[PDB]
Engineer: 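Following up with a structure containing colchicine.
The chains referred to below are lettered A, B, ... by the order of the sequence lines, with proteins before strands, and numbering in each begins at 1. Determined by X-ray crystallography, 2.8 Å, according to the entry header. Whatever order the structure lists them in is the order used to number ligands and atoms, beginning at 1. The figures here come from the full heavy-atom set of this structure, side chains too, leaving out hydrogens, waters and symmetry mates.
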Amino acid sequence: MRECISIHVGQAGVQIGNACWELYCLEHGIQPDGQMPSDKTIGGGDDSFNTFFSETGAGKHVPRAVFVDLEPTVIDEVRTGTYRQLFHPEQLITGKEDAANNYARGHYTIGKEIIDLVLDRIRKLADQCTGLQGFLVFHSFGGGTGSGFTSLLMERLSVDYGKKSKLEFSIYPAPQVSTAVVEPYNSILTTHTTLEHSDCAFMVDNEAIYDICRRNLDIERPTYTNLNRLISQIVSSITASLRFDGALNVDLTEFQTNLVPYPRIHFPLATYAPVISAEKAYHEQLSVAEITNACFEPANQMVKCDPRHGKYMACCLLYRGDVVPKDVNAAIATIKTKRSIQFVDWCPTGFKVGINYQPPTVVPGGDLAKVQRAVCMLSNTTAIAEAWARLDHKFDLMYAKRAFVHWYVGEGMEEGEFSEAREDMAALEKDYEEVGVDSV
Amino acid sequence: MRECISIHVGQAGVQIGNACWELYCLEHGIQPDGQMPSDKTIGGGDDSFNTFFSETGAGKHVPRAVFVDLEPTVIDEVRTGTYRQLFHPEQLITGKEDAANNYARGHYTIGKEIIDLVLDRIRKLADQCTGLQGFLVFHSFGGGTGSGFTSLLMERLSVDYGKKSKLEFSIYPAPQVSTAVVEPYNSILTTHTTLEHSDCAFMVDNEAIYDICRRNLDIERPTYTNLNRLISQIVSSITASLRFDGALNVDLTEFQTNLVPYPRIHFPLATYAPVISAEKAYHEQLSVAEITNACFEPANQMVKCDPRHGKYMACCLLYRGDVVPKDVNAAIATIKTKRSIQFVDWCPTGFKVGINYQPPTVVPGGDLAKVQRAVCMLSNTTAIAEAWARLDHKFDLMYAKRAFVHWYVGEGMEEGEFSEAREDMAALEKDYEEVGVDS
Amino acid sequence: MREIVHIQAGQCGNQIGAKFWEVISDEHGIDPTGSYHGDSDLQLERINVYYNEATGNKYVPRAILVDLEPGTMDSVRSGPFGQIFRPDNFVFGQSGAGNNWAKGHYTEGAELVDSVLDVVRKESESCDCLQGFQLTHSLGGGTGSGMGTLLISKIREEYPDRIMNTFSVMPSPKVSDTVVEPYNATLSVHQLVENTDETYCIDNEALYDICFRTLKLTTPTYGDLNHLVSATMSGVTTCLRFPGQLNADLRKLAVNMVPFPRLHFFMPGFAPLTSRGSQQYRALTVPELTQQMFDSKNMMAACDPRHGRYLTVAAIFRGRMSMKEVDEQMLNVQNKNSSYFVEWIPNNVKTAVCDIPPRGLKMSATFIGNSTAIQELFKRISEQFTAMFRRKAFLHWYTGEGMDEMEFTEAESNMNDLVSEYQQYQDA
Amino acid sequence: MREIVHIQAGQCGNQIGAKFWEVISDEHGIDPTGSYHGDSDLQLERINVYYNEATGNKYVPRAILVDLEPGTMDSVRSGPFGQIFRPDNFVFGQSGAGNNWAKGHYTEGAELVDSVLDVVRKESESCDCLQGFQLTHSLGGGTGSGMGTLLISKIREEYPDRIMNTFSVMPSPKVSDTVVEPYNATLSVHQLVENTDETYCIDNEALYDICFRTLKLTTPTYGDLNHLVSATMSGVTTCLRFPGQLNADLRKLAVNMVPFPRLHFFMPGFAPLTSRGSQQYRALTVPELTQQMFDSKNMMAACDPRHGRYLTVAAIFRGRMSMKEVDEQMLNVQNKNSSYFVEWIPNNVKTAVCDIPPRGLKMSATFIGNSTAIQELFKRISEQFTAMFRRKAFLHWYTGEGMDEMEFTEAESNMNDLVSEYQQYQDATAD
Ligand SMILES: C/C(=C\c1csc(C)n1)[C@H]1C[C@H]2O[C@H]2CCC[C@@H](C)[C@H](O)[C@@H](C)C(=O)C(C)(C)[C@@H](O)CC(=O)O1
Ligand SMILES: C/C(=C\c1csc(C)n1)[C@H]1C[C@H]2O[C@H]2CCC[C@@H](C)[C@H](O)[C@@H](C)C(=O)C(C)(C)[C@@H](O)CC(=O)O1
Ligand SMILES: Nc1nc2c(ncn2[C@@H]2O[C@H](COP(=O)(O)OP(=O)(O)OP(=O)(O)O)[C@@H](O)[C@H]2O)c(=O)[nH]1
Ligand SMILES: Nc1nc2c(ncn2[C@@H]2O[C@H](COP(=O)(O)OP(=O)(O)OP(=O)(O)O)[C@@H](O)[C@H]2O)c(=O)[nH]1
Ligand SMILES: COc1cc2c(c(OC)c1OC)-c1ccc(OC)c(=O)cc1[C@@H](NC(C)=O)CC2
Ligand SMILES: Nc1nc2c(ncn2[C@@H]2O[C@H](COP(=O)(O)OP(=O)(O)O)[C@@H](O)[C@H]2O)c(=O)[nH]1
Ligand SMILES: Nc1nc2c(ncn2[C@@H]2O[C@H](COP(=O)(O)OP(=O)(O)O)[C@@H](O)[C@H]2O)c(=O)[nH]1
Ligand SMILES: [Ca+2]
Ligand SMILES: [Ca+2]
Ligand SMILES: [Ca+2]
Ligand SMILES: [Ca+2]
Ligand SMILES: [Mg+2]
Ligand SMILES: [Mg+2]
Ligand SMILES: [Mg+2]
Ligand SMILES: [Mg+2]
């Protein structure tokens, strides 16, 4: 009941999916062959972990997930890796030719050849559900498949599932690990296209994650592997409310009510603490107060922006591990008197708290120290608009000269689609301004 | 024998009725069984007690009474109680849900549905009367049933038995006891609708009975049982002339003749003496002069008011026990010289005296001590108009804000009835002022 | 006036309702299986007001359990006294109401409502002479607020002449689940004003303040708040459940407590409330109960009664005590605060005494006030509503379920009229 | 897989093509017989891009050898890896082309083009997923420049959505004294500007100057020039042949490197290039490599990047090195030369690192630049064309095959336009 189907699109979506499902398996005690010794319900159940795993008669716990990519090399690693026995072959869909970092190819030329097959597999997953709650979609902004195919997919899902809720986990481009100079184009196009079809979207700034790995983890040159293990910790914290239950656990949809005051303003800022290496964790024991203060340090955000220069519209704190409410309350009382936390005048100044008692988990060979308690903060702040502004600026620099545009026109797109998307971004920035202005 | 029919309406009427019929049976030596050994005429007779009791061929003596309540829990007590065998089922009429302290609900909503059954049961008792003189009606002012249903009943009795007399025993609301906020409303509404259908009404103020029980019976917190046993002693004093051989107040018309010169001013003040605690071992026996003086003490009255600041229209002294006329005349001679007793100019300054030789009976296990002589004074004095002033003032306070009025309009009554009743009360206070004052 | 049909809806409605049934079942000597094991026939004289009799001297609560998600009612089945409820009176959906009044009232709720009415109708049919209904719910969520008020409207349609009585929990930022609570509560109050005869306003802000300031609990849980609610619900219903010098029912209570049809929102209160642990054994006295029962800090809906006037007051004392001392104390309390009681309703304070104290206490007192200071409560919600509504924040959760802004504007206007009505009698 | 079809036309095309196959066969562990004998599995992960897998574990170059004269064919066949090429993929004529572009493009070449297309089709039909074609040829002669650009047109008509990639050797008088080379080149650039998606400009003038001035070689031979070509071709195809993230196929490279369809002519460079005497006393480091592949004298096109602006740049490092250091060095060089990079294309320098170094080097670096300064190359060929066309020298040589004079005028005006475009984007500002 309340099942969630995860959809991993493109290299970023797939590799992040890999990280997440390995971590989920560790958190629930599911082995790489799908067996879950601790589950005495054989063939099914209504446990909290069933929101994410279906069960076969032979006792296998199978991710409610589809992995999709327009070329095979990335999914082939899943097909031959440690968790290859976890997924049914039908959940892993690949084409033969990718989108060449081109949104036009992902949404049209190549995407149209595989979209129906993908929807058919999603339908098979949906039919196994007694109360499908919605979808979680993992993709990059910059790739041709992550942008174009994801947009196409979201539009088709709005047709087949109506207003059934669709959440995004989106990789926002950063120069340090960038693979295309056209990532700003793809980013603006996909954001314009999916804006109406997404209910909530968690952006992960690759530069922010890169910086956190370098600073807090003492990793000289962080790879995708480093970044993805951190990202999965954030995703796990966000979905823990769906996968575990407890007296003080709060469902993600309850937070979602607080996080989205208007349909378009649906981009929460995530912060996660503590991020610390084993070497540095061997000495300090980080208290509830310490990790909560960490949440209001700009260097710990998943998107580079300055919340001090914006206004808050919602703050949710998602604790997991050894945390009792008395200590949360005392911590929050401290932050309210030491930090510059300005709310809009139309929204109550209050922190929404959820606590999961299951301790954070680390993957063996990881870089994160095992800690006793952790917190993920989700806030809706106008400061996240800074991220849109930087992207829009790169778009404008190239689009004034129409650089690289012929690659999109050649694949059937028109310049009108570009200026449409950019005006929608301009309106989004103006929206973030209006919600911040004091009432009359 | 001219027969009299008692109607007990609502909780207060029913519980007071229980107490009265218990006391009647004790006074006439009628067993809870219904047998009366002293009655040698089996299955009939023309004795004075036959005015209140019928007879069966089996020697059962049946109260000429009817009990009506719109909910069953109070009459159930009559059914499963000591004198359960006295009555037969046709005499106890119960409903399902009550009038909720709402005059309109008792008169209009629920009364409409049960009035014909009640009159049918009354017609059955009247059909066994060779010469019915009229009705004695017991009810509270404040209850929804006691006020609303009673007034509907009085209207119908005036239609079905136009010639017969109707007497009221009415319980005036008092906070010290158990009153609902809207009792003043019900009190004025019922007084207005009943005014022209009642010939003589005996008001008992719960506040006065309460204080008599505390002061003279040393009862810390009087219950309904204490109050009703004292009230029934008063009621017994008033009806004894109808239940025993005698020549004063021997039929219901005589109550009106002796006590009510003006029909509207038909609210006699009852004063009773002595009230002696049954716990007091050594009590000195009061003389005729002493109990007769007590008849002029405000503390002994059924309504707290000051007869000194009013005018008398009639006075009736009813003695029970060891009393001779000589001592009554001596007592009257003294009281007239030591008290402020002013009568209206258009009446004689006099006293109607009645002596019943049989002494007051006290319920075994009650609060009242057996005495050798008692007196109940019935006086038509304008001082009782104080009771109306108090009531009308409370009415004005709520009605000025239309407080609670929606409860009454919701049952089909018009807001105008409120004003009509209040003007009728203003006229009643003015009538008293004319009879009693001399600017 | 005998039977009351009880309905509990949503998470808060079912949690407080479950405690209500635990507490009064203990008082009436009913064990979690429905068998009587008490020592007094006082316990059974009016047991039929809230319980039906089955076979084997079994007593079954005349209670209907409603929710749009199964979680809370599974907790109720698993909790203490879970076995006591009629299995067929559990009516629940699977979708939930997402803390959304519109979902509870118009879309998800509309699909479940007829099933609930089948159970209500079946229970009413078994009543010798049905008095009316009591409903437990919160106003800040979706099921209790939205579907509870939908249920009330349907029941009034099928039983227009019965008393509708609710125990309604008001939201507060101090104990809040979502920001949209002021929307859900304003929409519900508009329904209550129109379709209930008596509503006990149980304010989560006051419950929190009592647990914090008075009982010295740093981290108040819903369990603490609900123990306060259970004690107040037991006290207010005492007169209905036990024999005494008062043969009352819901209708006589309403006629005496509600002078104007819209002003039917009561301010409940309980005494004693004492923090641990020394005083816990100290004998409490009638003067202390009476003074504590009238203290503003002891009220379960906090609207300092000193800022308003009392239209009516009912007070219920429980345990063996001196009724003379009770009278003296109530009289002196009135004499000491008679500026706080409207002079145009004579004798507007009524006292009742019941011999059976609640479990765990030698004596207690329960307050029920119809005070104009309740306006502060509606004013508080009104401000939270307008701060958001003026910017139309969060409206999309409601507009997406079919509602439009006019309905919000209407509810807000109706509630401001209620405030100014209460204000009108505060100065008369 | 994502297969590439290789085509080599003419003398130059077949010489540099053959060395290309020799060098990458060594890097992937393929012996001259076509058997695999390497050690690392990275050698076979993407072997399919350039090799078919036949029976017996043999690997056959997906290559087509074309010429208008039987010569070379034999030298290729009697060379180091001659027995590795598929016998049916040799398509040769006899008449020759005599360094006459018209003979290659319109007459004798046209007579042979259909035989070549059948082999192209036969190789393509067996590709699991063909990505495009690469052609090696010269612009100075007749077969490679003339018949090569004809092959390009014919292939572009049957596979219009595939990438057309060329390695085009530019003519210089310091290496070839054949007089009509300036004409042949201009006719070829006219074709390349319109029918190829990406063209590596391999300049014989620059290869000559690197050998003379940097390697200090008295008399540079074609073997020297071709060793530079083979090192560059190895580098610029590293990302295609080994597992990697950046520029992993022809289309992603083009999408990253070609901001405007006509400006698709790349300027390659290689590092290290060290004179024999200095190698012993010159450290081989990441800062050394980065500094040197941005040096104007190290470009394999005779031009000065300091004279123009970089539209886009791809840099590829090979061998065991520190990713942190590469990142720091590449940013350093962009910071210290910022004015040389157009400001309206953010993040226009992309960097890949492959762990497998080329033969004989601990580490190397390959530069692929799309710079406006390449206009200098097209100006040089334009100068030599206008000094040979004003007096109509040799025109008959081409009119004798049917060509009108305007075809020379259009191929020249189109090249002047190409220069003007490079200048247009060289001067465009962002503010
Ligand atoms: C009357 C009480 C105590 C008391 C005071 S003096 C005496 C003899 N007893 C009760 C009040 C009962 O209505 C019930 C509400 C109590 C709520 C508790 C669940 C509370 O959460 C608990 C943790 C406490 O703080 C106390 C145990 C101190 C509680 O008894 C407070 C109180 O007034 O209890
Ligand atoms: C610079 C070189 C090596 C080196 C090793 S350590 C260092 C600073 N440099 C190699 C690089 C190899 O890619 C090959 C290009 C050389 C082409 C040869 C045909 C060249 O013409 C040859 C005759 C030479 O000049 C040397 C033999 C000195 C050559 O090995 C050095 C050189 O520049 O190439
Ligand atoms: N965090 C993270 N970012 C990644 C990962 N893989 C790619 N990216 C980023 O995603 C962007 C490129 O999108 P990709 O996912 O590689 O592209 P794709 O969806 O495969 O699209 P095409 O290859 O064009 O069909 C760049 O900004 C990369 O840095 C990954 O595993 N983790
Ligand atoms: N003296 C005395 N007063 C009583 C008794 N019972 C009720 N009262 C008073 O009567 C008034 C209330 O009227 P009730 O008789 O209870 O009401 P009811 O006629 O049953 O009408 P509803 O119950 O409203 O339908 C209050 O003033 C009570 O104090 C009683 O037995 N004796
Ligand atoms: C069954 O429950 C109750 C029912 C009632 C009352 C009440 O409060 C004491 C209750 O117990 C709490 C009641 C209330 C208030 C009154 O005055 C505002 C009144 O006049 C009168 C009353 C009650 N009557 C008396 C005499 O107390 C009747 C209605
Ligand atoms: N006092 C109290 N309040 C509660 C309880 N549960 C929820 N609430 C309050 O109810 C509101 C949320 O309503 P809820 O009952 O959860 O929503 P529903 O299930 O849709 O009807 C919030 O203001 C909560 O503070 C409870 O057990 N006790
Ligand atoms: N770098 C290089 N250039 C060559 C080679 N062979 C010929 N050239 C150049 O090729 C041009 C003429 O090309 P050629 O192969 O003879 O023409 P074709 O065979 O008729 O197409 C001249 O400018 C030569 O400098 C070679 O092996 N390497
Ligand atoms: Ca299971
Ligand atoms: Ca007889
Ligand atoms: Ca449904
Ligand atoms: Ca039905
Ligand atoms: Mg991919
Ligand atoms: Mg009654
Ligand atoms: Mg809830
Ligand atoms: Mg030659």
Engineer: Give every ligand number or chain letter for colchicine.
Structural biologist: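 It sits at ligand 5.
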Engineer: Which chain is the chief contact partner of colchicine here, given by its name in UniProt?
Structural biologist: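 With more contacts than any other chain, that's Tubulin beta-2B chain.
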Engineer: Under a 4.0 Å cut-off, which other chains come into heavy-atom contact with colchicine?
Structural biologist: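 Those reaching under 4.0 Å with a heavy atom: B, C.
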Engineer: Give the name the PDB entry uses for chain B.
Structural biologist: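 Entry name: Tubulin alpha-1B chain.
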Engineer: What source organism does the PDB entry list for chain C?
Structural biologist: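 The PDB gives the source of chain C as Bos taurus.
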Engineer: Measured between heavy atoms, which UniProt-annotated GTP-binding residues of chain C are under 4.0 Å from colchicine?
Structural biologist: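 Per UniProt, none has a heavy atom under 4.0 Å.
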Engineer: Give the residue list for colchicine, heavy-atom cut-off 4.0 Å.
Structural biologist: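 Sure - by heavy atoms, that gives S178(B), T179(B), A180(B), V181(B), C239(C), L240(C), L246(C), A248(C), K252(C), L253(C), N256(C), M257(C), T312(C), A314(C), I316(C), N348(C), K350(C).
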